[PDB]
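Since the structure comes first, as structure tokens, the remarks are kept for the end.
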Amino acid sequence: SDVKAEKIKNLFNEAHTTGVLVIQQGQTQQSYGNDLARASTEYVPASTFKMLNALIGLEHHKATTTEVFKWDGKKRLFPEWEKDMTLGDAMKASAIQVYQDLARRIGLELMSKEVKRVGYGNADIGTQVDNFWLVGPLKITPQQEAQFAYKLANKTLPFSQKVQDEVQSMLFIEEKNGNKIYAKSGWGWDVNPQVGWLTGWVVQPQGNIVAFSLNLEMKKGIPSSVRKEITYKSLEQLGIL
Ligand SMILES: *C(=O)[C@@H]([C@@H]1NC(C(=O)O)=C(S[C@@H]2CN[C@H](CNS(N)(=O)=O)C2)[C@@H]1C)[C@@H](C)O
């Protein structure tokens with residue numbers, strides 16, 4: 001009961017940061033962590049926007065799942081970004097360059113319309129189609145991120161069933177003890193204070209879907225693993241894993 005949520009508050013505390021974890025089962029949401037006010041606070045989606053970025057591109061034939069985005073050879077911030085990748089490969093590695101290319105294919109006209117049509121966050125993408133999710137006006141609360149993941153998990157987003165099933169496969173991580181796990185990590189360092197994301201959902205053995213969105217403040221020098229660690233540890237303590 002209230003004891004399960006006391007360890008979660010310590011999990012964010014032992015990481016020396018303030019964060020929240022939103023869990024949605026059915027149409028009900030529950031928040032955990034040390035800064036519960038974060039659940040209703042808007043932050044830049046960062047790489048979590050790639051979920052919707054891929055849905056728009058595939059639905060409007062801007063790209064395909066087998067298309068290969070060749071690396072130009074210029075040095076990148078991460079070594080995993082220095083390779084030719086399909087849209088799916090770029091999703092796991094969080095290759096900003098590939099989805100900036102896709103965003104330029106979609107264009108500000110279609111990008112802004114589709115974001116508003118789905119109702120993603122504040123639905124304000126500004127005028128630059130290649131950076132609105134990292135620093136731009138686009139902001140979203142962790143509650144809206146978990147609600148988005150739950151709808152994508154059940155394929156109830158306003159996109160074709162084919163496209164939703166393709167983006168789902170891009171986000172598949174692992175199957176831990178019979179539970180299939182889908183998630184998309186995010187890290188917006190170009191906003192102060194920095195924000196850390198981990199949005200996804202769990203497909204339990206009987207098919208039940210449990211969506212989640214971890215949101216914490218990416219402090220200076222904090223390890224990027226903390227997002228995945230707190231999320232996995234929390235779901236285990238919540239009986240979901
Ligand atoms: C989006 O948030 C941002 C990307 N995305 C991420 C992220 O949180 O995954 C990072 S951090 C870095 C990227 N690649 C590593 C994880 N993928 S991996 N291990 O290679 O499979 C960690 C970075 C800030 C924007 C720039 O896309």
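Throughout, numbering of the chain's residues begins at 1 and tracks the sequence. Just follow the structure's listing: the first ligand is 1, and inside any ligand the first atom is 1. All values below come from the heavy atoms of this structure, side chains included, with hydrogens, waters and symmetry mates left out.
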key: Name in the PDB entry of main chain bound to ligand 1   = Beta-lactamase OXA-109
query = Drug name at ligand 1?
reply = doripenem (bound form)
key: Atoms of doripenem (bound form, ligand 1), numbered as shown, that sit under 4.0 Å from any heavy atom of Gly186   = 2 (O), 8 (O)
query = Closer than 4.0 angstrom: is that true for some heavy atom of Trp189 and an atom of doripenem (bound form, ligand 1)?
reply = yes
query = Do any N/O atoms on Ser47 end up under 3.5 angstrom from N/O atoms on doripenem (bound form, ligand 1)?
reply = yes
request  = Identify the covalent attachment point of doripenem (bound form, ligand 1) as residue and atom, or report none.
outcome  = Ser47 OG
ask   = Just which atoms of doripenem (bound form, ligand 1) are under 4.0 Å from any heavy atom in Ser185?
value = 7 (C), 8 (O), 9 (O)
inquiry  = Any nitrogen or oxygen of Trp187, side chain or backbone, less than 3.5 Å from one on doripenem (bound form, ligand 1)?
reply    = yes
request  = Could you pull out, from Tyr99, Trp81, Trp197, the option with a heavy atom nearest to atom 26 (C) of doripenem (bound form, ligand 1)?
outcome  = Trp81
request  = Specify the source organism of chain A, per the PDB record.
outcome  = Acinetobacter baumannii
query = For doripenem (bound form, ligand 1), which atoms sit closer than 4.0 Å to a heavy atom of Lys50?
reply = 27 (O)
request  = Look at doripenem (bound form, ligand 1) and say whether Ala93 reaches it with a heavy atom at a distance under 4.0 Å.
outcome  = yes
request  = May I ask you to check whether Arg227 has an N/O atom sitting below 3.5 Å from an N/O atom of doripenem (bound form, ligand 1)?
outcome  = yes
message = Okay, heavy atoms under 4.0 Å: who's in the binding site of doripenem (bound form, ligand 1)?
response = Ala46, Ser47, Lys50, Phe78, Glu80, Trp81, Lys92, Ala93, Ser94, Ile96, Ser185, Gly186, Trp187, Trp189, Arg227
